[PDB]
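Quick look: progesterone on IGG1-kappa DB3 FAB (heavy chain).
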Amino acid sequence: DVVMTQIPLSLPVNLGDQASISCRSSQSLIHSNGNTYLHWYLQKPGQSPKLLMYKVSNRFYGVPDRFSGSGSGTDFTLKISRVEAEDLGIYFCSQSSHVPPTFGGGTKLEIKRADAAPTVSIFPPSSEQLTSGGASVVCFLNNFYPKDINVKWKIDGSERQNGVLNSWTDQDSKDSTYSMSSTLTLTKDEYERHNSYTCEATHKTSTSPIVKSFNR
Amino acid sequence: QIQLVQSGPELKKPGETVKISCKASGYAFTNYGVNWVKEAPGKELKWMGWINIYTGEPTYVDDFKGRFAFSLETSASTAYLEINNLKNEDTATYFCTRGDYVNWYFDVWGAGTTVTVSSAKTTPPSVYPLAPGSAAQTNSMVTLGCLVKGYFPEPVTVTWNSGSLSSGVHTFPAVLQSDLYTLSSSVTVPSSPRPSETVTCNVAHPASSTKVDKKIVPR
Ligand SMILES: CC(=O)[C@H]1CC[C@H]2[C@@H]3CCC4=CC(=O)CC[C@]4(C)[C@H]3CC[C@]12C
């Protein structure tokens, strides 16, 4: 199969700016018939790909002046000229020069904003959680930018990874920050045998960690 | 509109047979091929096979070959995928594309059919209330949430004060502790509103016909 590879994964952009996506390939895409079948799809949220550009440089129809493309053989690049409210999504490059036509990973065209470190909240496990056995512990790391953070769950001091199931939100349309939250699960008594539970967040905007906590 | 239109989302326990239709209207079916493309949870938008209508012969990439069966009923314009004895890992969304013979692209795709393969039986959720280990005045906002846990199937709908609290709420995606799902939501309110005025998380899980209202009560 021919590997197609994209860079970046998220492309932070100022709307109204220049924006350039780049795509590259394992084998070459120039064909026996002197042709290049390098095409580009865009997948807007929870929806279906729509062909944007074909054979490196030709657009599809509808598609506007703002889109463009180039390159050869191993390396190709798309470019939007004034990126707009209507262009953000994943962006896939694929090749049809070979079999099997391979798809290429994608880069989302997200929005870039002045940063924010994550507002965090540890919450103890409840009456009923406890009355059923089992006690989930929850840390909401919230309204932050940018996407990469991560959450240690220090448990007395020694850390943990059974249980910790983490989940994340997409870019908050209203303010562009992110949010995320881990749920550590411990049985009602793996729970009732420790003091001190601490999720520890590490994110760019504090050289120090940002560690909420509570004692059992 | 010239479009490929495909069937409903489905839910199958493993070892079963699901059959996906894809109907072409508005275009000369025989003149393009219908290529099936797969979207697995954050894996590759991977290509499956192709069914060329001037012949009715299928090509397969090697992976899905044979267990996956494309078919055709041209005087109906409809294309077919059957997956027999579906594994768990046969959970994705499947798309069909009008593929072209000239410049070799895929220009009309249909909405997708999600197949969920899981053994689970429907369970209503356990909505649990999350109120704060008495942090103070953390500045001027309080944050509480609900942990609606252990449900099958998706979806649930979470809201607070019957829809009256929306700026602030952040429901996070549903993930899978062991066959069932766990979901949670957060509402940040001004510190004079909680506990002065009540905050409730309302969750309804329709595929079980249950609504749970949980009032977030101090600790
Ligand atoms: C008609 C059609 O759907 C098109 C869309 C993509 C195309 C294929 C793309 C890959 C390819 C490369 C070749 O050089 C042989 C032909 C094939 C195998 C093409 C045959 C026709 C296809 C399947």
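Within every chain, numbering begins at 1; the chains are lettered A, B, ... in the order of the sequence lines, protein sequences first and strands thereafter. The basis for the numbers below is simple: all heavy atoms, side chains too, and nothing from hydrogens, waters or symmetry mates. Whatever order the structure lists them in is the order used to number ligands and atoms, beginning at 1.
- Using a 4.0 Å cut-off on heavy atoms, the other chains next to progesterone are A, B.
- Lab note: entry names chain A as IGG1-kappa DB3 FAB (light chain).
- Per the PDB record, the organism listed against chain B is Mus musculus.
- Within 4.0 Å of progesterone, judged by non-hydrogen atoms, the site holds A:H31, A:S96, A:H98, A:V99, B:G33, B:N35, B:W50, B:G99, B:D100, B:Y101, B:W104, B:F106.
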